[PDB]
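Caption: PDB structure containing O-diazoacetyl-L-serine (bound form).
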Amino acid sequence: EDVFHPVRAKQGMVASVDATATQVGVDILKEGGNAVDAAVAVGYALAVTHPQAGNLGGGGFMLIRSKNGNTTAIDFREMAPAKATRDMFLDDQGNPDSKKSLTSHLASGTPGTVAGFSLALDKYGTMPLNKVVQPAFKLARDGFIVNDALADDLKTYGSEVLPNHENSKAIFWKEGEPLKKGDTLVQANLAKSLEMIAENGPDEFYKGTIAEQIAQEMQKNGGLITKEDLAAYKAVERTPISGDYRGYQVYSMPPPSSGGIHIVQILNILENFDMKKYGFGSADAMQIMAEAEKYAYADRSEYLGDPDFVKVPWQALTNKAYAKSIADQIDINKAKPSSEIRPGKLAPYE
Amino acid sequence: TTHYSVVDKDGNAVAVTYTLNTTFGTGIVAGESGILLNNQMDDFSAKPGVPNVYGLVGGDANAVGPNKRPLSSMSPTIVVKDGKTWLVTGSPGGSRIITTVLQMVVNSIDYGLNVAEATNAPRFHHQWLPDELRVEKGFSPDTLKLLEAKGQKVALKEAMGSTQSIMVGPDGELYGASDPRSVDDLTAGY
Ligand SMILES: *[C@](=O)([C]=[N+]=[N-])O[C][C]([N])C([O])=O
């Protein structure tokens, strides 16, 4: 009957971009770990098998919902360096230099992944950090086979940055070329880092050897991340943004992410239509949705920022009254140029 | 970008979206740590009115500042039905993370598609600026005439996102789906 069928399981399940990492997640669940434990193990596993995005030197968000309904969000997003400045990415003419914000040592923010994972693990997990990091440790120490995804990413995107730095090239390049499908990727240095974290906890990263290595890498190349930055970093548990769509409650990430707010905003807008009637792929459904999104991105550019620095009008943005007023400016048989759309007037919704 | 979801035997659930930002970030390994460094600083508004790598714009709210966390679009998400965790999803895609998650939710609730169907369905997206109705291959030539007609400027492009989702049956049974757009991925359980 269906053309597409979901994978089925009766006890636990993990879905991720990498087969090895997913399997790491499942094995942890089978050992009696909880969703959070598995999630941290998967996160450390990806930092090794999916260096494209999985990481220890990046950041992100996490939404946790207990079996009892308790829903919370962990913000382990990166903090700009204390010595970071407003116009730091401007050239002499005062124009944004993409190279500076994407490839130089100035593009980096103090990483929050280790922090966020440990916060979630200590408060919501049940396994010690050393146990959930072990799978990733072995993968880095003993290596793994490069698959199509990694091989393709190394060639297409890796080529533009990895071979330009000696330590990076030594790890991901082989015989003057990016590792190919079938080659083995061993990350001895990462294994040592992982091994140290599993032993001295998250401080190994923000205060220990790893912190030193990060600070020196920046200092010797014009970066700003100092040991004070790494020591002054902290993951932050925040209240999820949520809404109600046709009787279903939706929970997502609140600022610093703009994710939560706008997904809810658009759903509120859409609620004012009989979407089901139009059906998937229909001309109408695509019409309505395309327009609703416009207003959201408009508001995004204006009202969204680190809540610890700016006040976001999230109540008004997710206010159904406002959403209903946005819905009316929508014509099922005619669009509205992004030019004739500006950040909404949240006044009567404050 | 990458997102993963987990649900255990007790019904606890976690959705995580994390990244270095662009693929491999700056491509700079921090000394002998073996750790690649992110280029998340580009998510800040380098200059009010000027778009970043994803075409996203900002002002003073998202301008560069010390100890400030740059604006993100990552959306690990959880939908609840009849008071119970029902859908756990999310996806990479910079600015498209928002409309990608949105379509997963709309596909599940409004069109009654199973998590695999909802995942394999074609996607579209509009971020105000640039002004265009970005689409993926998979939408009928006919339906597309109406968008161009009704007024939209359809712009076919690269596949959007990599949803990794799990749906929870009323009886505790788990249903999952990995995105066709990402190869070598996996949704497994026991
Ligand atoms: C990721 O989707 C990786 N890519 N391209 O970017 C996410 C972005 N940095 C965000 O919204 O935080």
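Chain identifiers are assigned alphabetically from A in the order in which the sequence lines are presented. Following the PDB entry, chain A residues are numbered 38-387, in order. Following the PDB entry, chain B residues are numbered 391-580, in order. Start at 1 and go down the list; that is how both ligands and their atoms are numbered.
- Tallying contacts with O-diazoacetyl-L-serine (bound form), the largest count belongs to the chain named in UniProt as Glutathione hydrolase small chain.
- Those other chains that come under 4.0 Å from O-diazoacetyl-L-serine (bound form), heavy atoms only, are A, B.
- Near O-diazoacetyl-L-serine (bound form), within 4.0 Å on a heavy-atom basis, the structure shows A:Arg114, B:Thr391, B:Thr409, B:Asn411, B:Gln430, B:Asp433, B:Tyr444, B:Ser462, B:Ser463, B:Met464, B:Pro482, B:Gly483, B:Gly484, B:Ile487.
- Near B:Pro482, the atoms of O-diazoacetyl-L-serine (bound form) lying under 4.0 angstrom from a non-hydrogen atom of the residue are 2 (O).
- Per the PDB, the name on chain A reads Gamma-glutamyltranspeptidase.
- In summary, the atoms of O-diazoacetyl-L-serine (bound form) found under 4.0 Å from a heavy atom of B:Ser463, numbered by their order in the structure, are 10 (C), 11 (O), 12 (O).
- Against a heavy-atom cut-off of under 4.0 Å, B:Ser462 is close to the following atoms of O-diazoacetyl-L-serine (bound form): 10 (C), 11 (O), 12 (O).
- At the heavy-atom level, UniProt-annotated L-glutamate binders of chain B within 4.0 Å of O-diazoacetyl-L-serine (bound form) are as follows: B:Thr409, B:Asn411, B:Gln430, B:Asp433, B:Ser462, B:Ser463, B:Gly483, B:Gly484.
- Rounded to 1 Å, the minimal heavy-atom separation between O-diazoacetyl-L-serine (bound form) and the UniProt active site of chain B occurs at B:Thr391, 1 Å.
- At the shortest separation from atom 5 (N) of O-diazoacetyl-L-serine (bound form) among protein heavy atoms lies B:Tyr444 OH, 3.0 Å.
- In the deposited model, the covalent adduct of O-diazoacetyl-L-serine (bound form) forms at B:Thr391 OG1.
- Numbered from 1 in the order shown, with element, the atoms of O-diazoacetyl-L-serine (bound form) that lie under 4.0 Å from a heavy atom of A:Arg114 read 12 (O).
- O-diazoacetyl-L-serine (bound form) has no N or O atom lying under 3.5 Å from any N or O atom of B:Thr412, backbone or side chain.
- When only non-hydrogen protein atoms are considered, atom 3 (C) of O-diazoacetyl-L-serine (bound form) lies nearest to B:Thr391 OG1, 2.4 Å.
- Of all atoms in O-diazoacetyl-L-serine (bound form), listed by their number and element, those nearer than 4.0 Å to a heavy atom of B:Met464 are 10 (C), 11 (O), 12 (O).
- Between B:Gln430 and O-diazoacetyl-L-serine (bound form), a contact under 3.5 Å exists for at least one N or O pair.
- Remark: O-diazoacetyl-L-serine (bound form) and B:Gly483 share an N or O pair separated by less than 3.5 Å (distance only, no angle test).
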